[PDB]
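Drug bound: nimesulide. Macromolecule: Prostaglandin G/H synthase 1.
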Number of protein chains: 2
Amino acid sequence: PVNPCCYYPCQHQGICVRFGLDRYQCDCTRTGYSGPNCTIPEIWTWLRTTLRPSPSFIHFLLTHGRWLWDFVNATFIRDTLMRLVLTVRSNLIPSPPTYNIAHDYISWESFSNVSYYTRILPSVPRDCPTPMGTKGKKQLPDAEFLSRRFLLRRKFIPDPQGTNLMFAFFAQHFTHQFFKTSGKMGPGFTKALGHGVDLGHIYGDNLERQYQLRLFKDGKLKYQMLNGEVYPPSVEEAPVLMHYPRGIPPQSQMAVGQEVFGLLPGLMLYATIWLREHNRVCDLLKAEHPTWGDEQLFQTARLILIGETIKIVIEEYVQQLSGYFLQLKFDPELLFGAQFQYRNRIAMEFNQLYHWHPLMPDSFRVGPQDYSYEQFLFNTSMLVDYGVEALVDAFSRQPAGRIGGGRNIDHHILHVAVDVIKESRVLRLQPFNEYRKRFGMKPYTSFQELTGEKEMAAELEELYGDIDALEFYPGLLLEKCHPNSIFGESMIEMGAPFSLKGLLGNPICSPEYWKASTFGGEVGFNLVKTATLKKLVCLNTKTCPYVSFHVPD
Amino acid sequence: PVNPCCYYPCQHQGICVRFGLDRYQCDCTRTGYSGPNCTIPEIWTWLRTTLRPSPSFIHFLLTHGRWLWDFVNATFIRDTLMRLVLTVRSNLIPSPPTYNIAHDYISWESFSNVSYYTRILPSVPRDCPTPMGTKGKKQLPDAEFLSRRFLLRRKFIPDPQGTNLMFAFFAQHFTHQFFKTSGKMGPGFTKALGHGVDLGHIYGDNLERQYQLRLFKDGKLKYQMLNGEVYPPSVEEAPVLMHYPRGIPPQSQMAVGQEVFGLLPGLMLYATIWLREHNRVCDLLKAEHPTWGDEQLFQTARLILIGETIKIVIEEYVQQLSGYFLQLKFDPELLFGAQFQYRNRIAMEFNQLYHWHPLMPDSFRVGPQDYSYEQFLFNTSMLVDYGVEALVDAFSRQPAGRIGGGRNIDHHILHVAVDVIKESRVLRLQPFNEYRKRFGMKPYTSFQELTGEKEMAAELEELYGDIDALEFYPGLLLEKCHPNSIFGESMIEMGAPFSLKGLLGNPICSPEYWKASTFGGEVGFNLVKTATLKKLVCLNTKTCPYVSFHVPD
Ligand SMILES: *[C@@H]1O[C@H](CO)[C@@H](O[C@@H]2O[C@H](CO)[C@@H](O[C@@H]3O[C@H](CO[C@@H]4O[C@H](CO[C@@H]5O[C@H](CO)[C@@H](O)[C@H](O)[C@@H]5O)[C@@H](O)[C@H](O)[C@@H]4O)[C@@H](O)[C@H](O)[C@@H]3O)[C@H](O)[C@H]2NC(C)=O)[C@H](O)[C@H]1NC(C)=O
Ligand code: HEM
Ligand code: HEM
Ligand SMILES: *[C@@H]1O[C@H](CO)[C@@H](O[C@@H]2O[C@H](CO)[C@@H](O)[C@H](O)[C@H]2NC(C)=O)[C@H](O)[C@H]1NC(C)=O
Ligand SMILES: *[C@@H]1O[C@H](CO)[C@@H](O[C@@H]2O[C@H](CO)[C@@H](O)[C@H](O)[C@H]2NC(C)=O)[C@H](O)[C@H]1NC(C)=O
Ligand SMILES: *[C@@H]1O[C@H](CO)[C@@H](O[C@@H]2O[C@H](CO)[C@@H](O)[C@H](O)[C@H]2NC(C)=O)[C@H](O)[C@H]1NC(C)=O
Ligand SMILES: CS(=O)(=O)Nc1ccc([N+](=O)[O-])cc1Oc1ccccc1
Ligand SMILES: CS(=O)(=O)Nc1ccc([N+](=O)[O-])cc1Oc1ccccc1
Ligand SMILES: CCCCCCCCO[C@@H]1O[C@H](CO)[C@@H](O)[C@H](O)[C@H]1O
Ligand SMILES: CCCCCCCCO[C@@H]1O[C@H](CO)[C@@H](O)[C@H](O)[C@H]1O
Ligand SMILES: *[C@@H]1O[C@H](CO)[C@@H](O)[C@H](O)[C@H]1NC(C)=O
Ligand SMILES: *[C@@H]1O[C@H](CO)[C@@H](O)[C@H](O)[C@H]1NC(C)=O
């Protein structure tokens, strides 16, 4: 008999469980609901969901009326909201983590094995009629045509929010510390066992390699002087597995924490910058703490750097993305109010959703020059050629591709998207609509409602058969976007909760850790609290270029 | 200049941080105290401190009167106070963990590398005048001498609280899933990565081993029939690493989660009991969910068994230890409205502290027979000679040693305590009196004040020279004990916090994992909710013998 759970009977986060031959039962525990399917709301829950504004109304608010916000921001109401965002958003995320590619149920192996990604919804069961559960055609839409007809850029669409490539690369850099899928273990598994902001893209994902990159004098990282400027050393000087092409000089290969960073100067730029930062922070620390050995200098530098990273991403990166008039604020003290887990596990869903390749331009402009993809990719000298200042000026001046709304991925990298989808299908990821519901939205009733348009819609309608067969990742990228926006509500509402839980769940945000001691006292603590994209750059260079996550005017 | 931190100048959980060449300061963040040393109370601390009664008094409060208590046990107050104890206890233990053998400060490697035991107090700094700080003599007392004069059991001192061997062997069994110190990596590193109640000692601490122990059918572990009884498999059938006397026939080796267990019949008794429970639990699962595969059946029964353990540990084990009239309760829902991190990292001090070898008797009486050590140790046929029922009955009946009070370790195992102190000095554990302060107790001012009696104090008084020299382990075992207690206040007052954090800082007890579905429904959940030592044994044996953590009336 057909598998009942395959209908996803359990609403509102109830857990569908098989009993006897073909019965099921939903466990409605702590859902706010009861009944066979968790649809009968408790007194407080009914109260809640009717007095609750729709996500878009809230967004509208946060993005309109400067006059109210000028006010709010300068008063404490700035913090009440920040607290609210933090706790409400994060709540959507199970911690301790629930499921993994192997387990569709809570298990110890699931909980203790950090090589796995987690997931918020269970897989689509194998014993099921259609690969998306119950709805749609037998064999799913072709991955390659889907990317061609819908994600392949025709002409270039700059982000209407003015996001620059400075941002784009920072995202790529930043994220490739917690997304590193295992080649050898395959889909659903991960190298990045820090599972968040450990900065393992600077100090590597392992101790042994970490050790290889370290000077072991003064808490510092190894480095090479070139044209008077500091850079990550060569693989000959610091011998770690780096994914450069073969034949390429280990004498040209640069050594950073993330094996793939040698492949784009974008990444190699930030690896440079963060390295200078780290060494720079060591210099400061050794002035106040001369009695300190080498080890306590490195480990402290790393905290500060972890601290700095979270401060910026929150107060600048997410700001840019949100466009909110409310100024966001990094302050773990907001979270000492309520029940919070300073623990994070990366979901496969988060992975899928962060494949932000659209941001990537038709070509890369460095003042007068116009380097193509082939010219840019795997370049072994561009970084050293221009230096940091010059390549910060350039990335900060170039508009990035809008993410949502479709047809805005450059053909050079469209194969990523293809794989993401194909990868999605191996992972038996649930339908997009099933994820709407789980991230507190209504499901879309049609393809029209999704795209806010007819042509793509009715075209997808027939490829996919039903809208409840629409997949996660395609769905995120094809949904309509309010003009003036970088992407669609589902990206915000699905991503934000994975995003914030990933930032604040870090243990340096705990009552235990968030003290000055942790950061070698007050200069250490103040460095975290006042850290900036400008500062991070212009403190570590001879001159100071346009630095920002947005283009100038 | 001498390192200022050597003085432990900083009170009530402040952090001594070395600054410049010869100075220091204290980070007294969130301590409740201000000032350079941190002895200047905030309004709230003072009130809280002039009105807090002593441990003596609370111990007295729970250990005396019964009328009041059997009343309290029938009201909501049981839950009220139970919660007080948990929160009170577990808030003294940092979470995220703080330091380890290598780092005397918070660091990422210390957050991240679970192969370390954590530590509540930092190590006595390597640049200090005396091995214990500043107070005391150049040489700590000879460890073997300290043992032989103070801990060697002359006459057997039975536990005044009636503790039996059945408890003793339970304590060992249970505690040996989270203390697996490296023979290889050395002092202060762990093989048992669960850092808690994960039943590694049953399923092995690694995936390789677990697979080898698993029958991979119905979710069961392998077993063999000897005399019609289910015992753990042979090593030929489950080829895993087990420590056995070389020369012992392979058919006579039993394979279990934990490598040492095969030595002592005690151990291999519980290993057998639990194994039987596991398979038994699968036999209830498969009936409920015949569609379920062996992996789920396996991982679900595991959670039921982890749950069953804590239930028994809290409601029966820790209850027996306490002598409290407060009926202790395992109810995770008690913490559901509170800052509580559902994690735990094992500490050296817990390991040290948990060395209750003074539990073990002179001989081991089994029915008409009385067994010497040279007869009990490593006996491989004994468990299978008498069978579970007959051996449980015999451990339940024989008294266990009194733990505190001094001179209660049998000579046969006296070398253990010798290594404990030795290791204590490799781990540079701070002096007893500092651990006193960390756990919200007043330090001792005289060796006289410590033991109570006049004689044995004054010998130490001359061995150590000064009370602030006295060592962690020794102080524990030599401290005067409350009116008829199994050990002194310090053990209680230091142990329990770790103890409790060790049970309830377990994801299973989290809001996320504490639902019927985690255990495959009501049936599983009710076994957790309703388990008893008596039931863990008798539901698995032909007849039901005497079983209990206390010797009879
Ligand atoms: C949790 O924590 C445990 C404790 O840290 C970890 O186990 C330890 O892992 C480290 C891995 O490095 C071990 O550290 C030791 O370090 C010494 C240091 O001496 C250095 O040797 C280097 C050798 O490099 C040599 O030269 C070239 C270039 O320099 C190298 O590329 C080449 O490989 C060559 O051999 C020197 O470069 C350096 O100058 C020093 O002389 C090293 O010699 C030891 O062999 C050892 O590696 C440590 O011993 C491990 N275990 C223990 C008990 O300490 C554990 O890994 C961690 N767990 C996790 C999951 O991360
Ligand atoms: C020209 C620039 C870029 C290149 C060359 C590139 C290339 C790649 C490649 C080859 C992969 C592996 C996919 C596969 O083999 O199937 C990948 C994965 C990924 N990319 Fe990009 N990408 C670029 C831009 C970006 C940017 C700007 C982001 C930031 C949002 C991003 C986010 C990701 C993520 C999250 C993954 C998954 C990582 C993993 O699981 O290992 N990419 N990228
Ligand atoms: C006759 C029975 C016992 C014997 C033969 C025994 C002997 C030993 C031995 C040989 C060790 C290992 C020390 C080393 O690593 O060199 C040890 C450690 C230990 N014992 Fe026992 N002991 C017994 C009973 C107990 C009891 C009743 C307890 C209370 C729970 C206990 C608790 C511990 C603990 C916590 C360790 C340290 C384990 C680790 O660090 O991995 N032991 N004992
Ligand atoms: C966590 O889970 C993975 C998946 O089970 C573990 O790896 C597999 O282990 C088995 C037995 O050791 C092998 O047959 C597989 O080939 C391994 N790899 C894969 C991709 O399945 C991994 O060992 C676990 N991690 C830890 C720390 O135990
Ligand atoms: C890597 O980038 C460098 C520049 O940083 C490329 O060389 C430059 O090419 C431009 C024209 O595209 C010239 O105006 C400059 O004279 C060149 N600079 C140097 C130092 O040669 C180089 O071609 C790129 N690498 C690859 C493989 O295309
Ligand atoms: C703060 O702690 C320090 C360190 O123990 C104390 O400073 C000592 O004070 C003595 C007199 O008691 C002086 O003679 C020494 O110079 C100090 N020693 C060190 C190592 O600094 C001080 O007493 C404490 N202050 C308070 C108010 O408790
Ligand atoms: C302030 S927040 O809710 O915590 N996050 C957030 C809010 C809005 C937007 N956005 O692009 O409008 C983007 C946001 O951040 C995201 C980051 C990654 C993925 C999704 C959202
Ligand atoms: C109820 S509790 O505070 O959580 N623990 C506890 C309390 C008292 C006693 N006791 O022997 O009176 C023993 C106790 O149990 C342990 C003491 C030390 C180590 C482990 C358990
Ligand atoms: C009970 C909650 C009251 C708020 C109604 C929520 C639905 C409104 O919906 C929102 O309206 C905004 C109006 O300015 C539009 O700009 C948004 O796009 C739209 O989603
Ligand atoms: C002007 C009001 C701003 C403060 C309210 C913070 C709400 C944070 O955003 C809320 O997060 C929830 C989790 O994704 C969503 O379900 C809500 O629709 C979303 O707006
Ligand atoms: C619950 O959902 C199942 C499957 O979605 C459906 O068949 C059933 O009718 C529903 N029951 C109730 C009471 O709403
Ligand atoms: C082991 O135990 C059995 C029965 O309990 C006993 O007869 C036998 O002699 C013992 N072996 C040793 C080596 O003491």
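Order of sequence lines = order of chain letters (A, B, ...). Chain A is numbered as in the PDB entry; the shown residues are, in order, 32-584. Here chain B follows the PDB entry, giving residues 32-584 in order. What you see below is based on every heavy atom in this structure, not just the backbone, and it leaves out hydrogens, waters and symmetry mates. Order of listing sets the numbers, starting from 1, for every ligand and every atom in it.
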| task | Provide the full list of ligands or chains for nimesulide. | result | ligands 7 and 8
Query raised in the report: Which other chains show a non-hydrogen atom at a distance under 4.0 Å from nimesulide (ligand 8)?
Result: B
Which residues and nucleotides from other chains come within 4.0 Å of nimesulide (ligand 8), counting heavy atoms only?
-> B:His90, B:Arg120, B:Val349, B:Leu352, B:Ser353, B:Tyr355, B:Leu359, B:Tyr385, B:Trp387, B:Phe518, B:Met522, B:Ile523, B:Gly526, B:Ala527, B:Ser530, B:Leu531
Which UniProt heme b-binding positions in chain B have any non-hydrogen atom closer than 4.0 Å to nimesulide (ligand 8)?
-> none
Original post:
Which residue in chain B annotated by UniProt as active site is closest in heavy-atom terms to nimesulide (ligand 8), and at how many Å (rounded)?
Top reply: B:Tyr385, 4 Å
ask   = Can any other ligand or ion be found under 4.0 Å from nimesulide (ligand 8)?
value = none
UniProt transmembrane segments of chain B with a heavy atom under 4.0 Å from nimesulide (ligand 8) | 2, 4
